[PDB]
Amino acid sequence: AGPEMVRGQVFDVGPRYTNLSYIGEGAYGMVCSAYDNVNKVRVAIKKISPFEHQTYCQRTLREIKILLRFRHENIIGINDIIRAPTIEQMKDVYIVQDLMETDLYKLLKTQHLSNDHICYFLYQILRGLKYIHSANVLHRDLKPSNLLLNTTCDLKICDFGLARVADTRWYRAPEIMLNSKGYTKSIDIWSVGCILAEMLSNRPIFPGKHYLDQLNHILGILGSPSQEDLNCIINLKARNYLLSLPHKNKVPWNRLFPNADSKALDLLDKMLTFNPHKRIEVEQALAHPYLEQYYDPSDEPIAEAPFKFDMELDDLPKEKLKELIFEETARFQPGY
Ligand SMILES: Cn1nccc1Nc1nccc(-c2ccn([C@H](CO)c3ccc(Cl)c(F)c3)c(=O)c2)n1
């Protein structure tokens, strides 16, 4: 027969995985669904081709190590990994995962959510995030397309390529745009607030077309930052820009979302706080009155131990990273 092919991309995952169907693609990979002839279900398969770039190698290794370590209902797992039998021949890595029927990006393009579903999705996002943060990990790229949903409204967070151990513009915290890397766990909470806003209105709350436009969108709702807000390490260009702007008035949340649950808007206000030091943390968010019908501290697992990378990944040449990826994936090879 041959390896199957999808949109030009070779998908060399047979014979176990067949009947491929395109799901989507990114800068250095493609995601398809496939039929698994061992477990007799359809699965997701992400083809990644990262080896020409140190950055892409980092992401690939980080996602693999983190997802194989993590164990939580609201976090996607890895069931299988396919790659070449020799490192010389390995140009692609195929990561096999439970197939989810859709993502929140797609869902919000087509469906108006009930307040009860918004509440339940938010709960699951934060429940998963509680586990991530308890492992001392930052996800750093939370957004609707990284929130997977199955047929019965189960939610799983995916794509941990940008994850980092502590110590997409539209969903990026202010600190990110103010700092050349100077931020914390709170950046994830900002992203979740953006996602909550988007679930309330079916449109991105801060859809900036570029960096400056993103800052202007944020201040367009929060208003000009205070002195306290600007009492931090900030990029000089960004600080000067902000100081050059006209005054902007704060827009009350109930004016932007006139039909939203008042409790939902109270939580939204605490997540979309400019100053990350005054921004609500994940446990406090779970305990917020908006989530009272789902909050269950007896059933919200945390990680057994903090997550730790054994090597300074940023320092490693991409060739060493490829060797680590070969090693991490060896356990899925026959005869291991
Ligand atoms: C049917 N459908 N529609 C949307 C999602 C799904 N189902 C599904 N099921 C399991 C896993 C995944 C899935 C998707 C996207 N991603 C990231 C999203 O950022 C991703 C990284 C790299 C590249 Cl190249 C990519 F295209 C997507 C995952 O990691 C994992 N999706």
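Counting from 1, the numbers follow the sequence of the chain as shown. Every number for a ligand or one of its atoms is a count from 1 in the order of the listing.
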>> Hmm, looking at ligand 1, which of AEE788, PD0348292, PQR309, GDC-0994, ARQ 092 would that be?
In response: GDC-0994
> Which molecule here shares more close contacts with GDC-0994 (ligand 1) than any other chain, as the PDB entry names it?
Replying inline: Mitogen-activated protein kinase 1
>> Test your reading of the structure: does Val31 have an N or O sitting under 3.5 Å from an N or O of GDC-0994 (ligand 1)?
In response: no
>> Just to be sure I'm reading this right: ignoring hydrogens, which of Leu148, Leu147, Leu149, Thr168 gets closest to atom 31 (N) of GDC-0994 (ligand 1)? Compare them by their nearest heavy atoms.
In response: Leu148
> What residue and atom, counting heavy atoms only, is the protein's closest point to atom 16 (N) of GDC-0994 (ligand 1), and at what distance?
Replying inline: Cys158 SG, 3.9 Å
> Can a non-hydrogen atom of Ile48 be found less than 4.0 Å from any atom of GDC-0994 (ligand 1)?
Replying inline: no
> Which organism did the depositors list for chain A in the deposit?
Replying inline: Homo sapiens
>> Using heavy-atom distances only, which candidate in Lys143, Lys46, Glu63 approaches atom 22 (C) of GDC-0994 (ligand 1) most closely?
In response: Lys46
> If you map the residues of chain A that touch GDC-0994 (ligand 1) onto UniProt domains, which domain gets most of them?
Replying inline: Protein kinase
>> Mind checking which residue and atom the model joins GDC-0994 (ligand 1) to with a covalent bond? None is a fine answer too.
In response: none
>> With respect to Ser145, determine whether any N or O atom, backbone or side chain, lies less than 3.5 Å from an N or O atom of GDC-0994 (ligand 1).
In response: no
> For atom 17 (C) of GDC-0994 (ligand 1), what is the nearest protein heavy atom, given as residue, atom name and distance?
Replying inline: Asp159 OD2, 3.7 Å
>> Using a 3.5 Å cut-off on N or O atoms only, is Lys106 in polar contact with GDC-0994 (ligand 1)?
In response: yes
> Which UniProt active-site position in chain A is nearest to GDC-0994 (ligand 1), and what heavy-atom distance, to 1 Å, separates the two?
Replying inline: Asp141, 6 Å
> Does an N or O anywhere in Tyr28 fall below 3.5 Å from an N or O of GDC-0994 (ligand 1)?
Replying inline: no
>> Any chance you can tell me which UniProt ATP binders of chain A have a heavy atom closer than 4.0 Å to GDC-0994 (ligand 1)?
In response: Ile23, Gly24, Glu25, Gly26, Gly29, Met30, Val31, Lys46
>> What residues end up in the site of GDC-0994 (ligand 1) at 4.0 Å, going by heavy-atom distances?
In response: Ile23, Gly24, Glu25, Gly26, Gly29, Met30, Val31, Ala44, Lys46, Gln97, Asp98, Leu99, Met100, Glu101, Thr102, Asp103, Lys106, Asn146, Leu148, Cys158, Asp159
